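Chain lettering follows the listing: the opening sequence line is A, and each later line takes the next letter. All chain A residue numbers match the PDB entry; in order, they span 27-57, 59-238, 240-288. By the PDB entry numbering, chain B shows 27-57, 59-238, 240-288, in order. So this one's X-ray crystallography, 1.4 Å, going by the header. All ligand and atom numbering here is 1-based and tracks the order in the structure. FYI, side chains are in, hydrogens and waters are out, and symmetry mates aren't considered; it's all heavy atoms of this structure.
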Protein chains: 2
Amino acid sequence: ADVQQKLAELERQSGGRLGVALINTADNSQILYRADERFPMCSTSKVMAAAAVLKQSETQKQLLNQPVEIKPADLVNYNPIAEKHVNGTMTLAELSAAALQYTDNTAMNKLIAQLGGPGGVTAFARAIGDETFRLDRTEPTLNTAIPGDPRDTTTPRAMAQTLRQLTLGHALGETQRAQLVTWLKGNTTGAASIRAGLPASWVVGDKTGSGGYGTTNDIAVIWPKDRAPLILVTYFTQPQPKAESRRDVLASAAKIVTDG
Amino acid sequence: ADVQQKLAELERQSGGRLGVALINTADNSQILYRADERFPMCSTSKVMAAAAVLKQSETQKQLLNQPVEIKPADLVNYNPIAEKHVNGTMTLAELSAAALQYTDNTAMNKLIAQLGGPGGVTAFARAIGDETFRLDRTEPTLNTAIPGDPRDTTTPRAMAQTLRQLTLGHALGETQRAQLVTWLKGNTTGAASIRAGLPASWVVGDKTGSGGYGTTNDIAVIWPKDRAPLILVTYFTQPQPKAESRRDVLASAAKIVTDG
Ligand SMILES: *C(=O)/C=C/N[C@@H](C(=O)O)C(C)(C)S(=O)O
Ligand SMILES: *C(=O)/C=C/N[C@@H](C(=O)O)C(C)(C)S(=O)O
């Protein structure tokens, strides 16, 4: 029984390029497949941006309650939460929840702007020891996912490490760490992705992403039953510009790497 | 015609029974498939229980804030939220969110006890004009889903009509209808079911269900992009006790009934 064989078979049969990094926090062990290749993050980058604003809030203690104007011109495909508040305001906490738990691209843009642009999200990544991540565009163009383009990419291994530090480690202050985890656990978009490959009894927080080239991503923190948590990154992208999403590939990869 | 033939084709390759009821609120049109047969509700019954508690909160002011004790003996499969509060408390708002947005079966049992048992949830259904719904057992046994058993069943037609009345109609007070819709839109478990058959721009609130006999259910309110909402019930059950879940079949049914 061979995890590399299974992942290579999934990838080949899918017609795409699959990247996987698992961290088992029980013993610091990893399962890696194309873990040092760059992939387009798409909306999985919203974790870094929300965590950056959380970090800000450790020193601007009322920042999460700050109202932010939502104008009709701010609407970008998709905006299921912000469209309801156009011509009004949303707080940075509401925006962070919207960006994380829903598909909300306008909410992401407000986080980016709060951080002073894409470079602000990259600067946070650098501050917490992630030298791989880069954010260079706003929404929606950060999702173009063109093959060979390094913009708005990271590697599975780096993002697994970062997500571990953010959700289980000490990148954030305790309240901010707990907030992030509460938001990820309340994600609405994830049941077809990593979670579909796992036993139903396991608890998952996750952020999904999807863009050009059939790019289909998920990053997750997982609590198996009375076991130590796992961090799992599954990235996937395809050769055709308009390929269909493949959440089932991410599910299949999550089952392969957690079986046993 | 086209639709009916396609649903039958789907059903014939699915290895089970399929029940569908779509209400298009633009014109009150319906698309029905086995819509007067009984199916096991499993966790889709949590909608009726949360709504009955919302109804109670119209007259017991502050009911949703009321803390309820969680003890070890209360834990039933699955309990992702209630487990964190064992030897502690959850408020009726937290138990309603827990039951709606996650898998949590302990949270449902507390809603049922707040209503005076399974029969109190059936009484509420009757109070809002549903003469079909019938809750007869607590969690987890209400999910046995044995073929032929009338316990804990409804029909697609009745459930679609009830969900319309609850979410879009006047079965509840306006503040409480809005709370129900907010909870449903925040479901975490739905992305592989009805939602997986719909365009990504459409906004969905939904409640899934699973149980014995490979029972795989979803009931949803759907807001297509700048169109009047849809109600969709998709129920599915299989002939062998230990059959696997078929969320894909629900997604496929949703795509068939909305393609027109
Ligand atoms: C987060 O991952 C957001 C992705 N957005 C894109 C998608 O494919 O879902 C679009 C197309 C909505 S965005 O216009 O790039
Ligand atoms: C809601 O629909 C919950 C159903 N629960 C069951 C499932 O199939 O997920 C179990 C098996 C967890 S419960 O013990 O019946």
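What binds ligand 1 most in this entry is, by the naming of the PDB entry, Beta-lactamase. At ligand 1, the drug present is sulbactam (bound form). Other chains having non-hydrogen atoms less than 4.0 Å from sulbactam (bound form, ligand 1): A. Protein heavy atom nearest atom 15 (O) of sulbactam (bound form, ligand 1), with residue, atom name and distance: A/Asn170 ND2, 3.1 Å.
Residue contacts with sulbactam (bound form, ligand 1) for A/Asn132 involve side-chain atoms from C-beta outward but no N, CA, C or O (heavy atoms, distance under 4.0 Å).
Heavy-atom proximity to atom 8 (O) of sulbactam (bound form, ligand 1), evaluated over A/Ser237, A/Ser72, A/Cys69, is greatest for A/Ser237. Regarding atom 14 (O) of sulbactam (bound form, ligand 1), its nearest protein heavy-atom neighbour is A/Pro167 CB, 3.4 Å. Ranking protein heavy atoms by distance to atom 1 (C) of sulbactam (bound form, ligand 1), first place goes to A/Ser70 OG, 1.3 Å. Close approach to A/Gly238 involves these atoms of sulbactam (bound form, ligand 1), each under 4.0 Å from a residue heavy atom: 8 (O). Using a non-hydrogen distance threshold of 4.0 Å, A/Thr130 does not register as a contact of sulbactam (bound form, ligand 1). Proximity of atom 11 (C) of sulbactam (bound form, ligand 1) to the protein is not indicated, since no non-hydrogen protein atom lies closer than 4.0 angstrom. Organism for chain A, as given in the entry: Escherichia coli.
Which parts of sulbactam (bound form, ligand 1) touch A/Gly236 is read off a 4.0 Å heavy-atom cut-off, strictly below it: atoms 2 (O). In the deposited model, the covalent adduct of sulbactam (bound form, ligand 1) forms at A/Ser70 OG. Other-chain residues and nucleotides with a heavy atom under 4.0 Å from sulbactam (bound form, ligand 1) are A/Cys69, A/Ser70, A/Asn104, A/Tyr105, A/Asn132, A/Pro167, A/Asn170, A/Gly236, A/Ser237, A/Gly238.
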Which pairs of nitrogen or oxygen atoms, taken one from sulbactam (bound form, ligand 1) and one from the protein, are under 3.5 angstrom apart?
{"from": "sulbactam (bound form, ligand 1)", "atom 1": "2 (O)", "to": "A/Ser70", "atom 2": "N", "distance (Å)": "2.6"}
{"from": "sulbactam (bound form, ligand 1)", "atom 1": "2 (O)", "to": "A/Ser70", "atom 2": "OG", "distance (Å)": "2.0"}
{"from": "sulbactam (bound form, ligand 1)", "atom 1": "2 (O)", "to": "A/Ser237", "atom 2": "N", "distance (Å)": "3.1"}
{"from": "sulbactam (bound form, ligand 1)", "atom 1": "5 (N)", "to": "A/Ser237", "atom 2": "O", "distance (Å)": "3.4"}
{"from": "sulbactam (bound form, ligand 1)", "atom 1": "8 (O)", "to": "A/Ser237", "atom 2": "O", "distance (Å)": "2.7"}
{"from": "sulbactam (bound form, ligand 1)", "atom 1": "9 (O)", "to": "A/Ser237", "atom 2": "O", "distance (Å)": "3.3"}
{"from": "sulbactam (bound form, ligand 1)", "atom 1": "9 (O)", "to": "A/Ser237", "atom 2": "OG", "distance (Å)": "3.0"}
{"from": "sulbactam (bound form, ligand 1)", "atom 1": "15 (O)", "to": "A/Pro167", "atom 2": "O", "distance (Å)": "3.4"}
{"from": "sulbactam (bound form, ligand 1)", "atom 1": "15 (O)", "to": "A/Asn170", "atom 2": "ND2", "distance (Å)": "3.1"}

